[PDB]
Amino acid sequence: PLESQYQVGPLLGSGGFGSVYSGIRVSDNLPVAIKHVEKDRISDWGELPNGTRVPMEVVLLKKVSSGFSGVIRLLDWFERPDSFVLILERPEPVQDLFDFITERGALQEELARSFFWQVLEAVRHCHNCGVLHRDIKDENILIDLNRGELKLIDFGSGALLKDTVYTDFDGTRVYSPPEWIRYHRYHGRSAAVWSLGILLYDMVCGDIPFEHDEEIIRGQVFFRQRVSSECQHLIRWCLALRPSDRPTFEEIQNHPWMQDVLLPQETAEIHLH
Ligand SMILES: CSc1ccc2c(c1)N(CC[C@H]1CCCCN1C)c1ccccc1S2
């Protein structure tokens, strides 16, 4: 049923997440994205409500794809002999946050506030659906350049949310928290806050704070760009070494620097058009 129902187009890239092609749904001419994932490479499996064995990524996507969110939705999927195939939304025009920052450099605080907020809502939604993304970073965040709306991709590293300790991590090293580096254990929310702490620094300074493990474990943040006494506070609080000294989402979202956030449409007018 696959090859008939959608119309494949260009490639859009590949990595440790598979190979994505542009594509159109014939039924409506919705833009979509088609993501092929080989079975032989899938490390992490699960089971859907009806009790079928699929890749975790699919489980997680289905859980977060109900109604609107800052999360690129799974519209459908297929199984093949050696691949799985996932149809996803394709916002148009779009750009990932890595390219954006690689182009425009560090972001004005007003713009970083808008983006960071949207990531926070998006991550709150995942956590609400029982999902931990486990790999939050610039290149896993897309920007719909017209509506000013950020959306969250790949879930390939990613787990069912749980309150006990995690001992695996197939994510991004430089975004990993000191507790993991040192002890090979961490807890979801606290770890996620850390990664957000890294995300926010990247946004305002145009590059990540830490390169090597020694730098992470040492937890000391040097600012290369002019950033507000207040943003620095929020970043540092998010990158506290002791997980228990990091903020909750509420606390992050009630932090002074997070107040008077621009809505997505006005963000695009001022900062993207
Ligand atoms: C653009 S449209 C679009 C819409 C939905 C997704 C994808 C692309 N990509 C991003 C492609 C890749 C391109 C090279 C630069 C790094 N990035 C991650 C993807 C990737 C990973 C998991 C899920 C997905 S779903």
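In this chain, numbering begins with 1 at the start of the sequence shown. Going by what the header records, the deposited coordinates were determined by X-ray crystallography, 2.8 Å. In each ligand, atom 1 is the first atom listed, and ligand 1 is the first ligand listed.
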> Looking at ligand 1, what drug do you see?
Replying inline: thioridazine
> If you rank chains by contacts with thioridazine, which one has the most, by name in the PDB entry?
Replying inline: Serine/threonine-protein kinase pim-1
>> Quick check, please: with a 4.0 Å heavy-atom cut-off, which UniProt ATP-binding residues in chain A are near thioridazine?
In response: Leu12, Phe17, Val20, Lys35, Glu89, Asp96
> Most of the residues of chain A in contact with thioridazine belong to what UniProt domain?
Replying inline: Protein kinase
>> Just wondering: which UniProt active-site residue in chain A comes closest to thioridazine, heavy atoms only, to the nearest 1 Å?
In response: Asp135, 8 Å
> Which residues would you count as binding thioridazine, with heavy atoms within 4.0 Å?
Replying inline: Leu12, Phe17, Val20, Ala33, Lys35, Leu88, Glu89, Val94, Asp96, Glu139, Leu142, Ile153, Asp154
